[PDB]
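Entry featuring mupirocin.
Chain A is the first sequence line, chain B the second, and so forth, proteins listed ahead of strands; every chain is numbered from 1. We count ligands from 1, going down the list as the structure has it; atoms in each ligand are counted the same way. All values below were derived from every heavy atom in this structure, side-chain atoms included, with hydrogens, water molecules and symmetry-related copies excluded.
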Amino acid sequence: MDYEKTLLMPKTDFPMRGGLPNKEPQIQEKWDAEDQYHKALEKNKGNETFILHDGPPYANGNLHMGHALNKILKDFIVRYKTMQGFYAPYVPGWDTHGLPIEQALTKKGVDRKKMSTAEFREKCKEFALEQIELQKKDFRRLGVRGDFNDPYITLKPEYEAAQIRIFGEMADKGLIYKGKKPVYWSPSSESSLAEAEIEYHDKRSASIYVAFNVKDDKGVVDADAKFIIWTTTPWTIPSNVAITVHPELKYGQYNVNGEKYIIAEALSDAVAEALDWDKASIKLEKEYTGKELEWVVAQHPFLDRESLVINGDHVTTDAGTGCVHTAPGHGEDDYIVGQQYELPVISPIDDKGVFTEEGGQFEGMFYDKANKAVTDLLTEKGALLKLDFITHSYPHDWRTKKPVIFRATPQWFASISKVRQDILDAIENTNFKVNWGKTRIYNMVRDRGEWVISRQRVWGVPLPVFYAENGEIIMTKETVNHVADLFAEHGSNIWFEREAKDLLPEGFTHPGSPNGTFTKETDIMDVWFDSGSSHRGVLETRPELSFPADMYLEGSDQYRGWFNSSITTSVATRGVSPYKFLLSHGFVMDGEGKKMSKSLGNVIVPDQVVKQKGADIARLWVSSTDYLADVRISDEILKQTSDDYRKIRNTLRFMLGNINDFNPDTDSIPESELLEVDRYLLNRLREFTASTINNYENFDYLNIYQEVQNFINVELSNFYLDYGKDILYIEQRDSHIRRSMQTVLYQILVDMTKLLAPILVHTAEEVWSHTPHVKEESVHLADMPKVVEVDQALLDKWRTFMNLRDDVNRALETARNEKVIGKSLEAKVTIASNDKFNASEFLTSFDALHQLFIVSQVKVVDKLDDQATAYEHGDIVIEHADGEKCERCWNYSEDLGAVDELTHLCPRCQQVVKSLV
RNA sequence: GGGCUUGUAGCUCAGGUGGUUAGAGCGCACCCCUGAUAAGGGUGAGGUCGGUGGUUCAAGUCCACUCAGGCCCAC
Ligand SMILES: C/C(=C\C(=O)OCCCCCCCCC(=O)O)C[C@@H]1OC[C@H](C[C@@H]2O[C@H]2[C@@H](C)[C@H](C)O)[C@@H](O)[C@H]1O
Ligand SMILES: [K+]
Ligand SMILES: [Mg+2]
Ligand SMILES: [Mg+2]
Ligand SMILES: [Mg+2]
Ligand SMILES: [Mg+2]
Ligand SMILES: [Mg+2]
Ligand SMILES: [Mg+2]
Ligand SMILES: [Mg+2]
Ligand SMILES: [Mg+2]
Ligand SMILES: [Mg+2]
Ligand SMILES: [Mg+2]
Ligand SMILES: [Zn+2]
Ligand SMILES: [Zn+2]
């Protein structure tokens with residue numbers, strides 16, 4: 001007859017293959033339907049709280065692997081805290097203002113000039129919300145649990161109003177002020193431009209050398225040797241302002257003939273070389289320290305009146321002559337280092353290349369031809385020049401293809417310098433996972449210049465400022481807070497819909513404008529300000545949250561980004577960091593650790609990992625990366641992830657099928673009555689559990705990925721589950737020995753699925769769904785197993801038994817290569833003490849060595865002759881087992897018997913079978 | 001160029017105060033099993049630690065320089 005019918009084979013419909021791309025949507029569908037997000041919250045209703053504040057991704061485009069890495073790590077954290085009983089609301093957010101979106105619309109074919117600000121802004125909003133829906137869909141497909149149905153958005157009235165109140169408070173503490181800054185300006189478009197509207201094209205520029213003297217006397221500290229000058233911009237000459245000097249680097253030359261001017265060290269060679277001067281390459285003499293040449297007061301001719309100073313510099317040396325000269329009226333950093341000191345803003349020029357003030361003969365022409373021929377009047381006619389024509393790449397208006405120039409424009413600033421030390425101190429009191437995180441942002445805030453907070457665009461939050469003709473600036477608590485009031489109720493659009501007096505309080509009045517009339521600012525705030533105020537607009541505003549967030553977690557680029565604008569803004573108005581803990585991760589690279597491009601074809605997108613392999617696979621990958629640095633993804637990397645996932649899943653499947661008939665409520669064996677081998681695994685489970693919780697407490701998911709594998713592969717699959725077959729399949733269903741293993745098997749099943757739940761969200765649920773008798777619905781609404789003390793002596797004892805098992809297996813291998821044995825069951829193992837190990841005594845405290853080694857018989861003797869091979873754990877002798885093969889359990893027995901139609905059954909199996917019938 | 005950061009076996013990772021033949025899991029090779037079967041067991045082969053030079057009796061582990069990466073600036 002057939003023996004398999006009497007066997008107890010595993011039973012479960014839990015599939016070996018995941019089918020993730022088709023199973024996960026259903027599971028997600030159910031989680032939403034049963035509003036688990038809010039259920040998870042009410043489950044921990046009055047417990048300690050954990051607030052992880054989400055940084056708002058930009059509402060434009062497709063999520064990339066970075067969004068996935070970042071969101072999945074966040075979910076790990078909140079899920080684990082939730083599973084430890086913490087009330088941990090996770091509310092995603094979206095960054096919705098900014099130039100990029102205005103551009104998307106324009107590129108889409110919207111066209112501002114043809115509808116008005118109000119209609120264009122609504123178009124931006126409509127677009128942002130559409131993008132959000134798409135992104136929200138993708139985020140949820142990763143298995144992330146969060147308030148996705150009621151996320152915070154920077155375009156929401158309440159958020160905008162909060163942002164305004166932040167602007168108001170900073171303005172009150174005197175941290176907001178109006179000034180000016182140079183910006184790309186297109187005389188063609190009669191408007192300023194951002195780098196995104198700039199494209200380079202070669203241009204004909206007449207470069208000249210205007211060597212200017214060093215009169216006065218304050219600068220005659222070292223002779224009266226003139227200071228040369230070279231500008232590729234003749235119109236950038238009527239801007240008499242300082243010169244240059246890169247501290248440390250010195251040299252002055254002072255050479256024969258001419259006037260013994262000044263060049264430089266690494267410059268000299270490539271300086272006079274083109275100066276046409278080479279009257280016997282005359283040698284230098286009295287070089288006078290560059291760096292130290294500060295305040296070397298020098299009158300710069302051409303029709304000057306003021307002498308130009310010189311201060312520290314940042315980047316000057318190169319093919320470009322050592323003589324730079326400045327004029328904050330038309331220069332990027334030419335304005336920074338050139339302003340700290342009493343410096344008057346130079347040059348005019350209206351929205352058109354035309355100027356007026358200070359302009360001599362050229363009082364109404366342009367910045368071009370009015371130079372190359374006009375201003376070229378004032379040149380070598382006293383400053384020794386060399387009018388040359390050169391070609392180089394130059395900034396151009398991308399639509400008009402015409403040249404762009406720098407021009408100082410009124411801008412608004414946030415006074416970082418006044419709150420600097422305050423931010424530094426808040427950082428010092430901020431916790432970090434790694435010390436360099438603290439150092440990076442520290443030096444950041446330390447070397448940070450003033451914050452330009454204004455932009456001349458329409459898609460954003462308006463600076464709540466009003467102007468009173470007579471002078472200007474109306475920015476008081478009353479005015480800002482009333483604007484906040486309106487914004488809170490109508491949103492920012494109100495600003496573009498109403499007149500100034502409608503945006504002002506109760507029939508407001510001010511000394512300015514005796515006629516009760518007012519003007520309003522038009523600039524909007526920099527988007528960094530928008531997100532940077534998220535701690536106010538969401539943490540302080542929403543009921544479920546609390547201002548100081550337990551932590552912020554984002555990419556490395558946020559040290560200059562959201563981490564920075566958020567702390568700057570929070571310290572300014574609250575005096576504290578908006579985050580008690582700052583955790584950052586790296587970027588996602590390809591397999592070689594190189595940037596994903598597209599021209600290179602090494603991208604890999606989240607949407608594809610999910611569709612092709614599954615969200616649970618994208619997640620396991622995350623847990624396996626050392627996120628504190630850059631991480632790497634590729635097809636070979638993911639094939640690995642797939643292979644580990646299959647092993648975890650398959651192992652869980654086997655355990656599931658073998659506890660299908662186990663009812664914990666009535667079949668469990670007391671710990672004190674478990675077979676010792678079962679108590680050993682129960683303790684390996686406790687050890688693995690303790691270790692994993694610790695890892696979760698430290699955000700060390702990589703350690704869990706590593707340990708889970710070793711526990712699943714080595715302890716379970718390789719050993720316990722294998723050895724268990726001779727028990728689970730053969731013993732009587734309700735026998736003490738079978739129920740003892742099931743008792744531990746069940747606990748491991750349950751606990752391990754719970755311990756993995758934060759990571760393998762879908763599979764954990766699917767396994768939970770196939771486990772009999774689990775209390776709660778959903779693993780995700782259950783608590784982590786409690787950490788208990790392990791029996792260390794039991795562990796050491798079995799650790800040694802395991803190392804002894806390896807020697808046996810080695811002995812079994814040798815014998816198997818010799819065809820002496822096939823499966824380990826056809827073997828008889830004899831072992832005895834060695835000089836290296838007292839095997840005989842040690843093996844005395846173990847039961848059923850034959851089952852433990854998966855062999856038919858084990859004989860412990862005491863001593864073996866010089867036939868037995870020696871092992872680290874004793875001498876071992878392997879030979880084919882005695883007796884005949886029992887057709888049921890496949891162990892060899894010398895006492896096979898028949899039970900009715902079933903022959904060749906060992907005594908053990910005869911008993912099990914007889915109890916069937 | 002500046003701040004911070006990474007480089008150990010095919011892959012992902014371990015390797016306190018420097019000290020015998022650098023560890024793990026997977027993968028791979030070969031063998032066994034065929035009662036987890038688009039499964040399972042076993043053995044074994046692979047790194048000299050990005051490079052060079054030093055400190056030291058002795059360095060993956062300390063120093064210097066260097067190569068190739070990464071984020072953010074300077075640009
Ligand atoms: C880890 C990251 C990128 C990455 O890993 O790079 C992924 C690879 C890019 C894909 C390449 C495409 C081809 C392009 C080509 O051709 O070159 C960065 C992080 O991202 C996630 C989150 C985004 C939020 O909005 C940011 C917020 C906080 C602030 C308020 O704005 C944030 O945490 C951010 O710091
Ligand atoms: K088999
Ligand atoms: Mg680790
Ligand atoms: Mg294995
Ligand atoms: Mg390597
Ligand atoms: Mg490697
Ligand atoms: Mg590492
Ligand atoms: Mg191996
Ligand atoms: Mg080498
Ligand atoms: Mg050496
Ligand atoms: Mg020596
Ligand atoms: Mg060491
Ligand atoms: Zn061109
Ligand atoms: Zn039997």
Query raised in the report: Which ligand entries or polymer chains correspond to mupirocin?
Result: ligand 1
Query raised in the report: If you rank chains by how many heavy-atom contacts each makes with mupirocin (ligand 1), which has the most, and what name does UniProt give it?
Result: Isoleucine--tRNA ligase
Query raised in the report: By chain letter, which other chains contact mupirocin (ligand 1) with heavy atoms under 4.0 Å?
Result: A
Report task. Tabulate residues with any non-hydrogen atom nearer than 4.0 Å to mupirocin (ligand 1). Result -> A:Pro56, A:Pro57, A:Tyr58, A:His64, A:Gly66, A:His67, A:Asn70, A:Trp528, A:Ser531, A:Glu554, A:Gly555, A:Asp557, A:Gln558, A:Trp562, A:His585, A:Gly586, A:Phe587, A:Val588, A:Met596, A:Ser597, A:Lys598
**Report entry** Shortest protein contact, atom 17 (O) of mupirocin (ligand 1) (heavy atom only)
**Finding:** A:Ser597 O, 3.8 Å
Query raised in the report: Which residue supplies the protein heavy atom nearest to atom 8 (C) of mupirocin (ligand 1), what is that atom called, and how far is it?
Result: A:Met596 CE, 3.5 Å
Query raised in the report: Tell me: protein heavy atom nearest atom 26 (C) of mupirocin (ligand 1), and distance?
Result: A:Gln558 NE2, 4.0 Å
Query raised in the report: Which residues carry both labels: UniProt L-isoleucyl-5'-AMP-binding in chain A, and heavy atom within 4.0 Å of mupirocin (ligand 1)?
Result: A:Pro56, A:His67, A:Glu554, A:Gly555, A:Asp557, A:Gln558, A:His585
**Report entry** Shortest protein heavy-atom distance from atom 35 (O) of mupirocin (ligand 1), along with the residue and atom involved
**Finding:** A:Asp557 OD1, 2.7 Å
Query raised in the report: Is there at least one pair of N or O atoms, one from A:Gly555 and one from mupirocin (ligand 1), spaced under 3.5 Å apart?
Result: yes
**Report entry** Protein contact to atom 6 (O) of mupirocin (ligand 1) [nearest heavy atom, distance to 0.1 Å]
**Finding:** A:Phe587 CD2, 3.5 Å
Query - Close N or O approach (A:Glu554, mupirocin (ligand 1); < 3.5 Å) - result: yes
Query - Atoms in mupirocin (ligand 1) with a heavy atom of A:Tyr58 nearer than 4.0 Å - result: 25 (O)
Query raised in the report: Which residue and non-hydrogen atom of the protein lie closest to atom 20 (O) of mupirocin (ligand 1), and at what distance in Å?
Result: A:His64 NE2, 3.6 Å
Query - Backbone or side-chain N or O of A:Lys598 under 3.5 Å from mupirocin (ligand 1) N or O - result: no
Query raised in the report: What is the nearest protein non-hydrogen atom to atom 25 (O) of mupirocin (ligand 1), stated with its residue, atom name and distance?
Result: A:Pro57 CA, 3.1 Å
Query raised in the report: Identify the closest protein heavy atom to atom 1 (C) of mupirocin (ligand 1): which residue and atom is it, and at what distance?
Result: A:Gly586 O, 3.5 Å
Query raised in the report: Are any of the N/O atoms in A:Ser531 less than 3.5 Å from those in mupirocin (ligand 1)?
Result: no
Query - Heavy-atom contacts under 4.0 Å between mupirocin (ligand 1) and UniProt ATP-binding residues of chain A - result: A:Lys598
Requested in this report: Report yes if A:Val588 has an N/O atom closer than 3.5 Å to an N/O atom of mupirocin (ligand 1); otherwise report no.
Outcome: yes
Show the distances, to 0.1 Å, for all pairs joining an N/O atom of mupirocin (ligand 1) and a protein N/O atom that are shorter than 3.5 Å, listing one pair per line.
{"residue": "mupirocin (ligand 1)", "atom": "5 (O)", "partner": "A:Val588", "partner atom": "N", "Å": "2.7"}
{"residue": "mupirocin (ligand 1)", "atom": "16 (O)", "partner": "A:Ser597", "partner atom": "O", "Å": "2.6"}
{"residue": "mupirocin (ligand 1)", "atom": "33 (O)", "partner": "A:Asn70", "partner atom": "ND2", "Å": "3.4"}
{"residue": "mupirocin (ligand 1)", "atom": "33 (O)", "partner": "A:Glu554", "partner atom": "OE1", "Å": "2.6"}
{"residue": "mupirocin (ligand 1)", "atom": "33 (O)", "partner": "A:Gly555", "partner atom": "N", "Å": "3.1"}
{"residue": "mupirocin (ligand 1)", "atom": "35 (O)", "partner": "A:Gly555", "partner atom": "N", "Å": "3.0"}
{"residue": "mupirocin (ligand 1)", "atom": "35 (O)", "partner": "A:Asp557", "partner atom": "OD1", "Å": "2.7"}
{"residue": "mupirocin (ligand 1)", "atom": "35 (O)", "partner": "A:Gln558", "partner atom": "NE2", "Å": "3.2"}

